[PDB]
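Sequential numbering from 1 along the given sequence is applied to the chain's residues. We count ligands from 1, going down the list as the structure has it; atoms in each ligand are counted the same way. Going by what the header records, the deposited coordinates were determined by X-ray crystallography, 2.2 Å.
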Amino acid sequence: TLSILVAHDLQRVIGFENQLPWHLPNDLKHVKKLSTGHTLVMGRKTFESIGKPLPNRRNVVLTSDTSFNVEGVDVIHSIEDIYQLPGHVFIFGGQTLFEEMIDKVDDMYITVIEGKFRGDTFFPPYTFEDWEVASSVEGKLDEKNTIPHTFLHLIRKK
Ligand SMILES: NC(=O)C1=CN([C@@H]2O[C@H](COP(=O)(O)OP(=O)(O)OC[C@H]3O[C@@H](n4cnc5c(N)ncnc54)[C@H](OP(=O)(O)O)[C@@H]3O)[C@@H](O)[C@H]2O)C=CC1
Ligand SMILES: COc1cc(Cc2cnc(N)nc2N)c2c(c1OC)O[C@@H](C1CC1)C=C2
């Protein structure tokens, strides 16, 4: 199973200066629940943003750099390697990966951040005429999660 996993704001911002624009623990907890025990596929810049492989799952980085060899990371070098990997693979970012994979994945786990952030990287446009809402669940606000957000699970129609 091939999934996108992504947080994006009302204008589909995903990124600013190689970090997330928002502070939102609940969504990182969401990511953790989903991807633990499974595989993340991520491009190099995104990996460099996370810095270390995420515990307790397979971390796969897509890069052209054949020097690349990082303890705890699998390297692949073309998009097409993605479809080898076994099990539930989450496409994990960034803009270039989402743009490359969005027409190819079975389904997407999106967190809509109900906010307008300044960004420099974006999730590509998509339509609900294409994507059916398997679930929509409001995140809870609290001291430490103070931006409204909705967990969507969307499945390619038809
Ligand atoms: N909100 C969210 O859910 C998430 C947001 N982000 C954000 O996304 C942004 C990063 O996106 P972006 O800047 O596009 O970078 P990416 O993380 O998508 O990585 C870009 C790099 O990935 C590698 N790559 C991509 N496609 C290929 C390919 N087909 N073959 C070989 N290598 C490939 C290249 O690495 P190289 O040049 O080394 O060869 C390329 O430079 C950041 O701002 C980050 O904060 C990231 C993940 C999640
Ligand atoms: C671009 O930066 C990040 C992207 C991401 C990617 C990411 C974040 N949020 C969502 N919903 N999907 C994603 N694909 C993460 C992330 C990032 O910064 C550390 O942090 C980690 C937390 C510490 C364990 C997890 C994810």
*Asks:* Which compound from stanozolol, ticarcillin, iclaprim occupies the position given as ligand 2?
*Replies:* iclaprim
*Asks:* I'm curious which chain is the main partner for iclaprim in this model - what does UniProt call it?
*Replies:* Dihydrofolate reductase
*Asks:* Binding site of iclaprim: which residues fall under 4.0 Å, heavy atoms only?
*Replies:*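 The binding site of iclaprim (heavy atoms) is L5, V6, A7, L20, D27, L28, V31, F92, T111.
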*Asks:* Run the numbers for me: atoms of iclaprim, each under 4.0 Å from some heavy atom of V31, listed by number.
*Replies:* 9 (N), 10 (C), 11 (N), 12 (N)
*Asks:* Which residue and atom name correspond to the protein heavy atom nearest atom 5 (C) of iclaprim, and how close is it?
*Replies:* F92 CZ, 4.0 Å
*Asks:* Write down the species the deposit gives for chain A.
*Replies:* Staphylococcus aureus
*Asks:* Pull out every atom of iclaprim sitting under 4.0 Å from any heavy atom of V6, numbered as shown with elements.
*Replies:* 10 (C), 11 (N), 12 (N)
*Asks:* Which UniProt substrate-binding residues in chain A pass a heavy-atom distance cut-off of 4.0 Å to iclaprim?
*Replies:* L5, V6, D27, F92
*Asks:* Looking at residues of chain A within contact distance of iclaprim, which UniProt domain do most of them fall in?
*Replies:* dhfr
*Asks:* Nearest protein heavy-atom contact for atom 9 (N) of iclaprim: which residue, which atom, what distance?
*Replies:* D27 OD2, 3.1 Å
*Asks:* Indicate yes or no: does an N/O atom of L5 lie under 3.5 Å from an N/O atom of iclaprim?
*Replies:* yes
*Asks:* When you measure from atom 2 (O) of iclaprim to every protein heavy atom, which one gives the shortest distance, and what is it?
*Replies:*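 Protein heavy atom at minimum distance: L20 CG, 3.8 Å.
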*Asks:* Is the shortest N/O to N/O distance between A7 and iclaprim below 3.5 Å?
*Replies:* yes
*Asks:* Do any N/O atoms on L54 end up under 3.5 angstrom from N/O atoms on iclaprim?
*Replies:*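 No, no N or O pair falls under 3.5 Å.
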*Asks:* Which UniProt-listed NADP(+)-binding residues of chain A does iclaprim come within less than 4.0 Å of, going by heavy atoms?
*Replies:*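 Applying the heavy-atom cut-off to the UniProt set, I get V6, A7, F92.
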*Asks:* What residue and heavy atom of the protein are closest to atom 22 (C) of iclaprim, and at what distance?
*Replies:* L28 CD2, 3.5 Å
*Asks:* Looking only at N/O atoms, are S49 and iclaprim under 3.5 Å apart anywhere?
*Replies:* no
